[PDB]
Amino acid sequence: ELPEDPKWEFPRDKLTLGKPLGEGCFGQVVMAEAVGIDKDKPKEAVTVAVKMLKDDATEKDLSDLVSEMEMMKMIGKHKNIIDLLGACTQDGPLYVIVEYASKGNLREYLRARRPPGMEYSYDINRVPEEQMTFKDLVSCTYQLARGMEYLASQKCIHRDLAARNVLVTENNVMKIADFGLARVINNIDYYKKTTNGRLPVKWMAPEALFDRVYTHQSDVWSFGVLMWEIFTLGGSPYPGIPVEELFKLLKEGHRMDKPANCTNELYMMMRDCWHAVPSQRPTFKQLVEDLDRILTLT
Ligand SMILES: */C=C/C(=O)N1CC[C@H](n2nc(C#Cc3cc(OC)cc(OC)c3)c3c(N)ncnc32)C1
């Protein structure tokens, strides 16, 4: 049922599955070893992650996994985007092989690096994580701005940018992931007559929610929310406000208060990202240039 792609195909006999890696954010993912996947070291057994259907998989799960694979194929390689390494598409279950990120998603990464006593704080391995500096959070912000700048230039809309959908490698490299709702658009806005509301409310631009249209400027809105998450060390956006009441509040013009780890300059960048009129928000290219300069002064 799956056409062969010889340039991406990876032999099953070379891939050994290990332990499950969590589930919830990126579907069913497992650790694995793949001999000769890494062309740089084509004899070495490299650690990877494999996404695969569960026993309780639906028909849509299959098509979604295929679509994420092809989306990954067409997006291309970038330092701040999770890389497609290969795939197993014939004679057996569908395996999509991706870059391994040892430190998990950004949310949990930040939450483990929160001060003892704060909500959600926890010591991984029962050992305390070295504290997030200001430079670290801005570097995290910059890397993600770079990733989205690349995505935007590949004429692609993520539509679910959050810290839960960002992966973090051993060397603390940010890697945008979860292309479940990602689409390849043109210059005009993404609109469909048949509405589905599969987008998380608290990360959605108003035009996404009210007009059911999506642009690169909507992903900017979500980046503003991602900034807020970063600088609150994985805090829940619109704290104390249920999703149900946020429909009303966005129309009234509600925005989130300034994180205390954040500078005025950066919160302004946040507030610009949260402009009601999409073309009044900065572009990712602009966001990169600013974050460059700020990071340089640290
Ligand atoms: C809610 C948390 C989780 O479910 N996990 C925490 C971190 C664990 N984990 N997931 C992945 C992954 C992935 C992945 C991303 C992606 O983006 C486009 C596509 C695919 O397949 C299409 C898979 C990882 C990785 N990659 N490394 C380490 N831990 C991971 C699970």
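The first residue of the sequence shown is numbered 1, and numbering continues consecutively from there. When reading the values below, keep in mind they use all heavy atoms of this one structure, side chains included, and skip hydrogens, waters and symmetry mates. As the structure lists them, so they are numbered: ligands from 1, and atoms in each ligand from 1.
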**Q** Which drug molecule is found at ligand 1 in this structure?
**A**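 That would be TAS-120 (bound form).
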**Q** I keep wondering which chain grabs TAS-120 (bound form, ligand 1) the most here. What name does UniProt give it?
**A**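 The largest contact partner is Fibroblast growth factor receptor 2.
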**Q** Check each heavy atom of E99 against TAS-120 (bound form, ligand 1) and say whether those closer than 4.0 Å belong to the side chain, the backbone, both or neither.
**A**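 For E99, the contact with TAS-120 (bound form, ligand 1) is made by the backbone alone.
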**Q** Hey, is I82 touching TAS-120 (bound form, ligand 1) through its side chain, its backbone, both or neither, going by heavy atoms under 4.0 Å?
**A**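 Near TAS-120 (bound form, ligand 1), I82 shows its side chain, while the N, CA, C and O stay back.
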**Q** Which UniProt-defined domain of chain A has the greatest number of residues in contact with TAS-120 (bound form, ligand 1)?
**A**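 Most contacts sit in UniProt domain Protein kinase.
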**Q** Looking at atom 27 (N) of TAS-120 (bound form, ligand 1), what's its closest protein heavy atom, distance included?
**A**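 Atom 27 (N) of TAS-120 (bound form, ligand 1) sits closest to the protein heavy atom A101 N, 2.7 Å.
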**Q** For atom 10 (N) of TAS-120 (bound form, ligand 1), what is the closest protein heavy atom, and at what distance to 0.1 Å?
**A**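 Atom 10 (N) of TAS-120 (bound form, ligand 1) sits closest to the protein heavy atom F26 CD1, 3.5 Å.
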**Q** Quick one: nearest non-hydrogen protein atom to atom 8 (C) of TAS-120 (bound form, ligand 1), plus distance?
**A**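 Looking only at protein heavy atoms, the one closest to atom 8 (C) of TAS-120 (bound form, ligand 1) is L21 O, 3.5 Å.
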**Q** List the closest protein heavy-atom neighbour of atom 19 (C) of TAS-120 (bound form, ligand 1): residue, atom name, distance to the nearest 0.1 Å.
**A**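 For this ligand atom, the closest protein heavy atom is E68 OE2, 3.3 Å.
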**Q** Does only the side chain of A49 get under 4.0 Å from TAS-120 (bound form, ligand 1), or the backbone, or both, or neither? Count heavy atoms.
**A**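 Just the side chain.
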**Q** If we set the cut-off at 4.0 Å for heavy atoms, which region of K51 has an atom near TAS-120 (bound form, ligand 1): side chain, backbone, both, or neither?
**A**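 Within the 4.0 Å criterion, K51 contacts TAS-120 (bound form, ligand 1) through side-chain atoms alone.
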**Q** Which residue and atom name correspond to the protein heavy atom nearest atom 9 (N) of TAS-120 (bound form, ligand 1), and how close is it?
**A**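 Ranking protein heavy atoms by distance from atom 9 (N) of TAS-120 (bound form, ligand 1), first comes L167 CD2, 3.9 Å.
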